[PDB]
2 protein chains.
Amino acid sequence: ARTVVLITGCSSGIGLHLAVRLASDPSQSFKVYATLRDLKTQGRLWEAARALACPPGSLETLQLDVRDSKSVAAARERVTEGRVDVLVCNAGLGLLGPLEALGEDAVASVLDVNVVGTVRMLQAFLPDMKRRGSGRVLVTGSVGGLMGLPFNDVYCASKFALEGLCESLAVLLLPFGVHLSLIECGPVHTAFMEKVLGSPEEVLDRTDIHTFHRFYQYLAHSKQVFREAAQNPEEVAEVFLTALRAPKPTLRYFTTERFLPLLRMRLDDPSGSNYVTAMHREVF
Amino acid sequence: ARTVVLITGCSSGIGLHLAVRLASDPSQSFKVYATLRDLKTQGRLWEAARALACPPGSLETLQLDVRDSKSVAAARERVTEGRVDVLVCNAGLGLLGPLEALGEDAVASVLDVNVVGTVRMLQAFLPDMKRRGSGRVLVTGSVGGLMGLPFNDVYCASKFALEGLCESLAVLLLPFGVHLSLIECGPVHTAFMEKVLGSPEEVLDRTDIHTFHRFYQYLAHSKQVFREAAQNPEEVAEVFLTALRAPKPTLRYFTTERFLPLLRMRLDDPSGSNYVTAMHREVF
Ligand SMILES: C[C@]12CCC(=O)C[C@@H]1CC[C@@H]1[C@@H]2CC[C@]2(C)[C@@H](O)CC[C@@H]12
Ligand SMILES: C[C@]12CCC(=O)C[C@@H]1CC[C@@H]1[C@@H]2CC[C@]2(C)[C@@H](O)CC[C@@H]12
């Protein structure tokens, strides 16, 4: 019938655009379940959905807290068609700042949402896809999950986690008929993201003036990279679709090639000394 | 004076051997703080310490729960010399079994201990090392942190996390004078490990007979790899020492080269299709 897709973290960014991009497809081959943690944020999903003229019933909204298995279970039961053909694990949190400046709860929230939240989604949805011998799971990756970035230690950790988690499953799912693929995104044009970067005094009292100085320096550098490398979510969202459609999807898809040169030098030197070096100069 | 080293997870394996290997050094240049989560497990650390004839006062035991920052802070204050020259982040948990068969708390414990526990150690100890402009941090890695392994999804995730976390910091610590290095271990001869693998009925009721069958199949395969590739902890522990002594340590040290061929094919194909394939055949 119609491909049933459930996407997490749809209140903005990639999740939002992908949801409406799927539900608004001229072919109307997709039934989308856009879940968000807080429903008071569905506004933009809906205004965006009116903008693309998604036919009614092509887009349903669900409250889903990936930090809660009960919510994960309850939303899974809201899928009237009693089946999900494409599960998109997109919900994710960021974290920028000196390691010593990051609150313990903040660190725990990012791993809990980004990694364990994805585990819960996989636990609740993988079984049936395995039983039915079919299904596709897509997980939003990040260049940060492929290489470490200064002041993104915990973010990268959780993104790296996702790589390990999916690669591990991938080895097991190969003969099962269910496909898992990571979508490695570089910066994705977001006006708020470039706004999130800029923490003076609060970070200053939680770290030394030399680390602090390097933070600013790194903020300045991300700023540039964004303003000259950021991709439109319409563009990134189109990669999910490419993967979702590939008859034999690969474990991972890259939304850009800009960061591929850096990634190569990463395994052109397993000792990590070359990358840490290129990347340090690269940012400072 | 004497190099002060604090090691976590010393109740067994690498932590234990490294602790006594450092404290028993003929040169006696090291003062060791072997922390363990439960003191009722210090027996083997001590019997091992008598075996190597560690001079009295070369080895102090501390209760440290890396799942608790208060415990992390309290043990940090137990370091009488008011300084740590070498911090070894070794505490870690394993997890084997179908993703759907893993308890939520179990998944959360492994990330909490392996990743966030390491964050807390880094948060509490990095500052001073940064201030003093010197210090070495070593983190026990794993081949599982460099490539995904079936039925080790959550273990690999946390190990992958550690890679991201350390690589991120590494970029920032380069000019600071504090060195961070990961010690990537392959299997390390442990009679209990080969015993931990073997969960019939309990795992059977939490997953399908086909996944279950593949689990057994994978258990069988690890069994072999261990019985013919496992390294003595004395051997692995000697790598920590190599790193601890290198004037310019690299971000990572490999205890063996057995798994290096597999790791290369991992970035000789960023799409992951080659590795997932080699590794699947490799295990099944
Ligand atoms: C690592 C990069 C790219 C290269 C670099 O030297 C620093 C810079 C810092 C911000 C990163 C950016 C690439 C895309 C990331 C990882 C986004 O996903 C969120 C933060 C962005
Ligand atoms: C991945 C390997 C090695 C290669 C393989 O095909 C499967 C096998 C499964 C058990 C792993 C082992 C290497 C070392 C590990 C990752 C230990 O650290 C703990 C479990 C071990």
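The alphabet sets the chain names here, A first, running in the order the sequence lines are given. Chain A uses the PDB entry numbers throughout; the residues present, in order, are 1-284. By the numbers in the PDB entry, the shown part of chain B spans 1-284. Each ligand, and each atom within it, is numbered from 1 in the order the structure gives. Just so you know, these numbers use all the heavy atoms, side chains as well, and skip hydrogens, waters and symmetry mates.
In this complex, the main macromolecule engaging ligand 2, as named in UniProt, is 17-beta-hydroxysteroid dehydrogenase type 1. Drug identified at ligand 2: dihydrotestosterone. For dihydrotestosterone (ligand 2), the other chains with a heavy atom below 4.0 Å are labelled B. With a non-hydrogen cut-off of 4.0 Å, the residues around dihydrotestosterone (ligand 2) amount to B/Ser142, B/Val143, B/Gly144, B/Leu149, B/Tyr155, B/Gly186, B/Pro187, B/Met193, B/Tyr218, B/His221, B/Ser222, B/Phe259, B/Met279, B/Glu282, B/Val283. For chain B, the active-site residue flagged by UniProt that comes closest to dihydrotestosterone (ligand 2), at the heavy-atom distance given to 1 Å, is B/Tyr155, 4 Å. Listed by atom number, the atoms of dihydrotestosterone (ligand 2) under 4.0 Å from B/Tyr155 heavy atoms are 18 (O).
Atoms of dihydrotestosterone (ligand 2) found under 4.0 Å from any heavy atom of B/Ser222, numbered from 1 in the order shown, are 9 (C), 10 (C). Of all atoms in dihydrotestosterone (ligand 2), listed by their number and element, those nearer than 4.0 Å to a heavy atom of B/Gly186 are 14 (C). Close approach of dihydrotestosterone (ligand 2) to B/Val143 is summarised as follows: ligand atoms under 4.0 Å from at least one heavy atom of the residue are 13 (C), 14 (C), 16 (C). Distances below 4.0 Å separate heavy atoms of B/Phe259 from the following atoms of dihydrotestosterone (ligand 2): 3 (C).
When only interatomic distances are considered, the shortest N/O to N/O separation between B/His221 and dihydrotestosterone (ligand 2) falls below 3.5 Å. Nearest protein heavy-atom neighbour of atom 12 (C) of dihydrotestosterone (ligand 2): B/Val225 CG1, 4.4 Å. Looking only at protein heavy atoms, the nearest one to atom 21 (C) of dihydrotestosterone (ligand 2) is B/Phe226 CE1, 4.1 Å. When each atom of dihydrotestosterone (ligand 2) is checked for a heavy atom of B/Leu149 under 4.0 Å away, the hits are 1 (C), 16 (C). Intersecting the UniProt substrate-binding annotation for chain B with heavy-atom proximity to dihydrotestosterone (ligand 2) (under 4.0 Å) gives B/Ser142. In this PDB entry, no covalent tether of dihydrotestosterone (ligand 2) is modeled. Looking at atom 19 (C) of dihydrotestosterone (ligand 2), its nearest protein heavy atom turns out to be B/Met193 CE, 4.2 Å. Applying the 4.0 Å criterion to heavy atoms of B/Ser142 picks out, from dihydrotestosterone (ligand 2), the atoms 16 (C), 18 (O). Considering backbone and side-chain N/O of B/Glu282, one or more are found under 3.5 Å from N/O of dihydrotestosterone (ligand 2).
With respect to atom 10 (C) of dihydrotestosterone (ligand 2), the closest heavy atom belonging to the protein is B/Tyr218 OH, 2.9 Å.
For dihydrotestosterone (ligand 2), other ligands and ions under 4.0 Å: none. Counting atoms of dihydrotestosterone (ligand 2) from 1 in the listed order, those under 4.0 Å from a heavy atom of B/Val283 are 5 (C), 6 (O), 7 (C).
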Any protein N or O within less than 3.5 Å of an N or O in dihydrotestosterone (ligand 2)? List each pair with its distance, or say none.
unit_1: dihydrotestosterone (ligand 2); atom_1: 6 (O); unit_2: B/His221; atom_2: NE2; d: 2.8
unit_1: dihydrotestosterone (ligand 2); atom_1: 6 (O); unit_2: B/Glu282; atom_2: OE2; d: 3.3
unit_1: dihydrotestosterone (ligand 2); atom_1: 18 (O); unit_2: B/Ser142; atom_2: OG; d: 3.4

